2 protein chains.
Amino acid sequence: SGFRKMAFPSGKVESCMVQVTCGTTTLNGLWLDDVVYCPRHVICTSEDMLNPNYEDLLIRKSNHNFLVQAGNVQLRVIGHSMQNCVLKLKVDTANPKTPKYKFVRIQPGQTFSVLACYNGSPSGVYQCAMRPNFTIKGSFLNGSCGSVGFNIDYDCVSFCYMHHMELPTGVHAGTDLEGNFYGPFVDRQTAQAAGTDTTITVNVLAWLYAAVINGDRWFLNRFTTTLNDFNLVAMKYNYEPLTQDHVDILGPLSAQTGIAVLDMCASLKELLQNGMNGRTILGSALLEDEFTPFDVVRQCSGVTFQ
Amino acid sequence: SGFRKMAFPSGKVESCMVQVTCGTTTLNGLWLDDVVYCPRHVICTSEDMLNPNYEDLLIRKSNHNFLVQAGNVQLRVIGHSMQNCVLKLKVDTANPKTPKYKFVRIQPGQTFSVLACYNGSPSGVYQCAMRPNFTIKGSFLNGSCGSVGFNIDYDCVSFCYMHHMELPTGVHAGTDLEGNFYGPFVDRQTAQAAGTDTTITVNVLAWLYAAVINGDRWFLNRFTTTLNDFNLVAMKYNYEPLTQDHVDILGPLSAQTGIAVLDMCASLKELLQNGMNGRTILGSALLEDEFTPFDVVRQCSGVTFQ
Ligand SMILES: *C(=N)[C@H](C[C@@H]1CCNC1=O)NC(=O)[C@@H]1[C@@H]2[C@H](CN1C(=O)[C@@H](NC(=O)C(F)(F)F)C(C)(C)C)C2(C)C
Ligand SMILES: *C(=N)[C@H](C[C@@H]1CCNC1=O)NC(=O)[C@@H]1[C@@H]2[C@H](CN1C(=O)[C@@H](NC(=O)C(F)(F)F)C(C)(C)C)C2(C)C
């Protein structure tokens, strides 16, 4: 029993981290086969980041201008290209520790683990969600860019996030591994702000099921509700609409606990209208929305990875 | 910016996990050099665990009765011995991925990362604290025993916990790597309960400093207090006494923020007496006590590991 914010084991990703230096700017890169992926603003001075012309800055660079270090070993860059907001450095050595991997673009509400790195070296690992406003609530400092987010499926690492920048209120924004930003943000040091965020309803429901599985059941009421009536109440409290797709994804937890999804919805409705009355659920005084239905199943059933 | 519950990178420890099977009981082992460490109740049937005589059960075992699997490869056991509540299986092959390591016994209030494993394979990683009542708030299922807790110092893994059992209210208990339990618990399936837990005061203060570093400052008041007067208030609210050793450990965060420790204590005192008035600190509605002063420094300064 017990329920914690669990990250994926980070070992497969640790073996892919390198440091990339261009001039005086150093950040992290991801070394897969004979390519190193990293944020394109490695080629910027501090001055350039206020209004960079990345295409222009990259013309004046050659291969030898990129210093790629994998531990104690320098990797010679033998080609380079830019794909949206990421640079791809071809190196003369394939990473022998390259795991089976995929590049995926995740949807808002889905979760992933972040391996926060500095100078190509890991600092720590934590779990995050892609917020509905396309930010993540991370923990990143200067030099953290190029740190990646990922999910694991048995032996396959699905990379879904590269870190690029921090937005007001201390939230974070970045790209998929094709260099396309999540959200309407740009890699330029100019005033930018995320839109209003919303609560990930399907994840709150998943976490209420995790609470029931752990014997924390005080919030279960005797009612049911329709999907439409629930979504009207959720709208008022800045909760995302619950779709039939979400109901289907909650099926396994609903079947395991014997609580219909719409019954859980009625219990969540009461919590939204009345509060928790200074009570806790799974030790938290707030409803948690950064566990997906699969996160709950993986933690409560002991799914492992190779 | 940002502040999250961060675990250590788990790669060095992943390379040490194996599965140990004796008869029909399978759990996790830790493979360091040519020794595999695991909980001694691997030698028990389900029947034996109600009242095991571990010494007796182990006489009737020989080396070949232990099946140790490291991935796809069986490791031949060539010797065995019992040290308190852990078995030590000597194997014919040294683990080539053995990191620089130490066995340490941590103190209540100190934190560590847990690599939760099943059948020798990792499921996830999360951060925990040794509670003052010598339990940990983990997430463990059947087959999780032998999962370990650890800290990293540059390239050295300090192993501090082996998982053995679950106690009422869904909390967990185990041993150091010498097999000595934390707390007054025994590896027998009989009714056992942890004593009343307390809040780790020095860690709450560390986390308030993390909040200030992140610009969450609303709780800072204009007062100071003496150490004695603070500890009288903390006693009432089931907080551990703050010692001069704790004040000294908080020095770096106090110097960084320019807030004297006893001034922070006055702000914490007001939070204890008045509550947070439905406000949050670093996104939490409750005071958090599972970040040590070093955890805060390591996260907010970007300390990395090799
Ligand atoms: C990568 N190493 C850093 C990570 C930042 C640093 C502090 N916390 C983080 O997550 N990325 C940057 O410094 C990027 C980068 C220029 C400026 N930048 C920012 O994150 C800035 N944010 C913005 O300008 C705004 F408002 F658009 F979000 C900063 C003020 C430094 C937080 C470039 C090329 C966008
Ligand atoms: C190791 N694989 C398991 C981990 C347990 C299983 C469920 N969650 C966990 O953390 N360890 C055990 O099953 C140990 C073990 C016998 C029984 N046991 C327990 O954890 C039991 N607890 C107790 O009997 C009590 F009350 F003392 F805490 C159980 C009721 C199964 C939770 C031995 C040899 C102690």
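Throughout, protein chains are lettered first and strands after them, A, B, ... in sequence-line order, and every chain is numbered starting at 1. How was it done? The header gives X-ray crystallography, 1.7 Å. For ligands, and for the atoms within them, numbers begin at 1 and follow the listed sequence.
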Q: Help me out, what's the drug found at ligand 2?
A: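 That would be nirmatrelvir (bound form).
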Q: Which macromolecule makes the most contacts with nirmatrelvir (bound form, ligand 2) here, by its name in the PDB entry?
A: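 It has the most contacts with 3C-like proteinase.
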Q: I'm mapping contacts for nirmatrelvir (bound form, ligand 2). Which other chains have a heavy atom under 4.0 Å?
A: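 Other chains with a heavy atom that close: B.
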Q: Out of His164(B), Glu166(B), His41(B), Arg188(B), whose heavy atom is nearest to atom 28 (F) of nirmatrelvir (bound form, ligand 2)?
A: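 It is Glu166(B) that holds the nearest heavy atom.
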Q: Which of the atoms in nirmatrelvir (bound form, ligand 2), numbered in the order shown and given with their element, are less than 4.0 Å from a heavy-atom of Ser144(B)?
A: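 So the atoms of nirmatrelvir (bound form, ligand 2) that pass are 2 (N), 4 (C).
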Q: Identify, for atom 26 (F) of nirmatrelvir (bound form, ligand 2), the protein heavy atom at the shortest distance, and state residue, atom and that distance.
A: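 The closest one turns out to be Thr190(B) O, 3.4 Å.
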Q: Look up the UniProt domain of chain B with the most contacting residues for nirmatrelvir (bound form, ligand 2).
A: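 It's the UniProt domain Peptidase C30.
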Q: Nearest UniProt active-site residue of chain B to nirmatrelvir (bound form, ligand 2), heavy-atom distance to 1 Å.
A: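 The closest UniProt active-site residue of chain B, by heavy-atom distance, is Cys145(B), 2 Å.
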Q: Look up the source organism of chain B in the entry.
A: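 According to the deposit, it's Severe acute respiratory syndrome coronavirus 2.
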Q: Specify the residue and atom forming a covalent bond with nirmatrelvir (bound form, ligand 2) in the deposited structure.
A: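 The covalent link runs to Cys145(B) SG.
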Q: Considering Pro39(B), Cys145(B), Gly174(B), which one's heavy-atom position lies nearest to atom 1 (C) of nirmatrelvir (bound form, ligand 2)?
A: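 The residue whose heavy atom sits nearest atom 1 (C) of nirmatrelvir (bound form, ligand 2) is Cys145(B).
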Q: For nirmatrelvir (bound form, ligand 2), note which part of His163(B) has a heavy atom under 4.0 Å away: side chain, backbone, both or neither.
A: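 Under 4.0 Å from nirmatrelvir (bound form, ligand 2), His163(B) contributes side-chain atoms alone.
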Q: Show which residues surround nirmatrelvir (bound form, ligand 2) within 4.0 Å on heavy-atom distance.
A: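 Heavy-atom contacts: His41(B), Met49(B), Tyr54(B), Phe140(B), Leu141(B), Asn142(B), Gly143(B), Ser144(B), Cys145(B), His163(B), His164(B), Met165(B), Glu166(B), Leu167(B), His172(B), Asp187(B), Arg188(B), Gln189(B), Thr190(B), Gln192(B).
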